[PDB]
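Depicted below, PF-00835231 (bound form) in association with 3C-like proteinase nsp5.
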Amino acid sequence: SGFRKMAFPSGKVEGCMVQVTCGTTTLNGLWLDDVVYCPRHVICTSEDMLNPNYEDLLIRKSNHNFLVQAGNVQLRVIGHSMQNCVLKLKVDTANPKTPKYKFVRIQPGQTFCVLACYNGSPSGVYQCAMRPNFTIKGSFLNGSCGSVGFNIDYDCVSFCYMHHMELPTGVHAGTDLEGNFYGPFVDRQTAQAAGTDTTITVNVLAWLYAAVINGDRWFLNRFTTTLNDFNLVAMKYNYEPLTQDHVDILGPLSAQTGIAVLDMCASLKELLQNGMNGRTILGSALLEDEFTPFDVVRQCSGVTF
Amino acid sequence: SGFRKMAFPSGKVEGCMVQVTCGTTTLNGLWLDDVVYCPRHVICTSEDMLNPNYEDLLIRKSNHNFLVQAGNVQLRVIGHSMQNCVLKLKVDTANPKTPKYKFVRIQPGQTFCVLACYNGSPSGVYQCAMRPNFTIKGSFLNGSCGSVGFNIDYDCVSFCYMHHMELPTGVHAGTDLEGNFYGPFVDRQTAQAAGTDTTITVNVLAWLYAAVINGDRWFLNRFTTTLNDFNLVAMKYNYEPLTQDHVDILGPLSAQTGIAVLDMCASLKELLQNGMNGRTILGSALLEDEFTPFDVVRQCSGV
Ligand SMILES: *[C@@](O)(CO)[C@H](C[C@@H]1CCNC1=O)NC(=O)[C@@H](CC(C)C)NC(=O)c1cc2c(OC)cccc2[nH]1
Ligand SMILES: *[C@@](O)(CO)[C@H](C[C@@H]1CCNC1=O)NC(=O)[C@H](CC(C)C)NC(=O)c1cc2c(OC)cccc2[nH]1
């Protein structure tokens, strides 16, 4: 038993982190087979970052301008290209530690593990959630750009995030492994503000199911509700609306506990309208929204990879 | 900026996780060099676990009784010894993925990272703290015995915990890599209780410093307190006393924020007596104590 913020093992992603340096600008890159993926602003200097033209700056660069380093071993760049805000560099060596992988664009609320890297050297690992406003409440310092977020399924590593920005409010923003930003942010040295955040309803419900599984079920009521009526009420409390995919992934926890998705919704809808009246769930009076139904299943069922 | 429960990368440890099987009992083992470490209750049957005479049960075992599997390969046990509750299995092959490692006994309040494994396969990683009562609030299911906790310094892995037991309260207990249990627990199949837990004060103060570094300052105040007067209130609320060493370890965080330790203590004392109202610190409604000054300094340096 026990419920904690659990991250996937990072062994597979560690062997793919490399250091990409252009001039004096250095960040982390992802070495998959014979291609290294990294943020494109590495070709930028301190001043160009203010207002850059990446297409203009890239034409002035050649393969020999890029320094790719695995440890202290250089990987000669034999080709370069730009896809959105991500830069792709072909190297002369196929990563012998390349795992079965895939590129995926996660959804708001979905969780992933972040491998904090600095100078191509992994330093820490932690789990985080893609907030409804397309930001992540992570932990990043200078030199963390290029750090990737991932999910481990079976033996495939599904890369879904590459770090780029830290907003003024302390949150962070990035793109997928195809250079496409999450949210309306841009890779420029500018103070950008994200939209108002909301509570991830699907995750709060998965937390409730985690409680019901652990004998804590006082919050269950004899009420039910429609998916539409619940979503309209949930928005009045800063709770993200539920989707078809949300109801589906809540199935396993629904069958295991025997409580229908729409029954738990009415139970959560009551917790929002009347409060908690003291008391707590899983020992905490604060509703947690950064545990997906999978995180509840994986951690309560010991799923390995 | 930002603060998050961060664990060390588990790559160097994943290459050492194997599966040990004896009869109908299976658990995880740690393969370092030509040796494999695992809990000794793997040699026990469902009946022996109730009251195991491990010395007796061990001598009645042979090398071929232990099935050590490393992925799709089986390791040949050419020897077996016992060091307290840890069973040392010698094999014919040396683990090439064996990193530079050391065996250390963690202290209460210190933190380490746990690599949860089931059947010799890593399932997840998280950071946890050795509670003052020598338990840990981890996440372990059946087949988790053999999982190890560790800290990494440069490229040297410091092993300090091997999982064994889940108390009836839902907490977890285990031993260091020398087989010595943390706390007054024994590896028998009995319901065991731990001593009354206390809060790691120095970790709470460090976590408050992390909150201030990240823009949270509502709990601060103008008052200041003496070390003794703070400890009097801390002990009253079941908080570990703050030592002059603890004050020194907090120095770097006090300089970065400009808030003196005894000034932070005044805030904590007020939080203990008045509560947190409906407010939160770093997204939490409870005073966190599973972050050491080092863990805070690592994430908040330069911010
Ligand atoms: C990468 O290391 C760049 O390689 C960092 C990541 C941040 C450093 C501290 N913590 C981080 O998460 N990214 C940057 O330094 C750039 C990214 C651009 C060039 C794509 N800048 C910012 O993140 C940035 C810029 C501003 C700003 O404009 C001056 C105002 C407020 C915040 C801010 N953040
Ligand atoms: C190992 O996986 C066994 O190989 C297992 C892991 C824990 C149980 C589920 N979660 C865990 O973290 N450990 C045990 O089952 C140990 C075995 C001992 C060391 C031989 N025992 C317990 O966890 C245990 C026994 C009892 C008990 O008695 C009977 C009464 C109440 C709780 C309890 N836990």
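Order of the sequence lines fixes the chain letters, A, B, ..., with proteins taken first and strands second; residue numbering starts at 1 for each chain. Hydrogens, waters and symmetry mates are skipped; everything else that's a heavy atom, side chains included, is used. In listed order, ligands and their atoms are each counted from 1. So how was this one determined? The header says X-ray crystallography, 2.3 Å.
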Which other polymer chains sit within a heavy-atom distance below 4.0 Å of PF-00835231 (bound form, ligand 1)? A
Enumerated PF-00835231 (bound form, ligand 1) atoms positioned under 4.0 Å from heavy atoms of A/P168: 31 (C)
What part of A/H41, side chain, backbone, both or neither, has a heavy atom within less than 4.0 angstrom of PF-00835231 (bound form, ligand 1)? side chain
From the structure as deposited, which residue atom takes part in a covalent bond with PF-00835231 (bound form, ligand 1)? A/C145 SG
Quick one: look at A/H164 and PF-00835231 (bound form, ligand 1), take heavy-atom pairs under 4.0 Å, and tell me if it's side chain, backbone, both or neither. backbone
What atoms of PF-00835231 (bound form, ligand 1) come within less than 4.0 Å of a heavy atom belonging to A/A191? 27 (C), 28 (O), 30 (C), 31 (C)
A/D187: numbered PF-00835231 (bound form, ligand 1) atoms lying under 4.0 Å from its heavy atoms: 20 (C)
UniProt domain of chain A with the most residues touching PF-00835231 (bound form, ligand 1)? Peptidase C30
Based purely on interatomic distance, does A/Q189 place a nitrogen or oxygen under 3.5 Å from a nitrogen or oxygen of PF-00835231 (bound form, ligand 1)? yes
UniProt active-site residue nearest PF-00835231 (bound form, ligand 1) in chain A, with non-hydrogen distance: A/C145, 2 Å
Can you check which residues touch PF-00835231 (bound form, ligand 1) if I set the heavy-atom cut-off to 4.0 Å? A/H41, A/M49, A/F140, A/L141, A/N142, A/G143, A/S144, A/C145, A/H163, A/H164, A/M165, A/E166, A/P168, A/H172, A/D187, A/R188, A/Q189, A/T190, A/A191
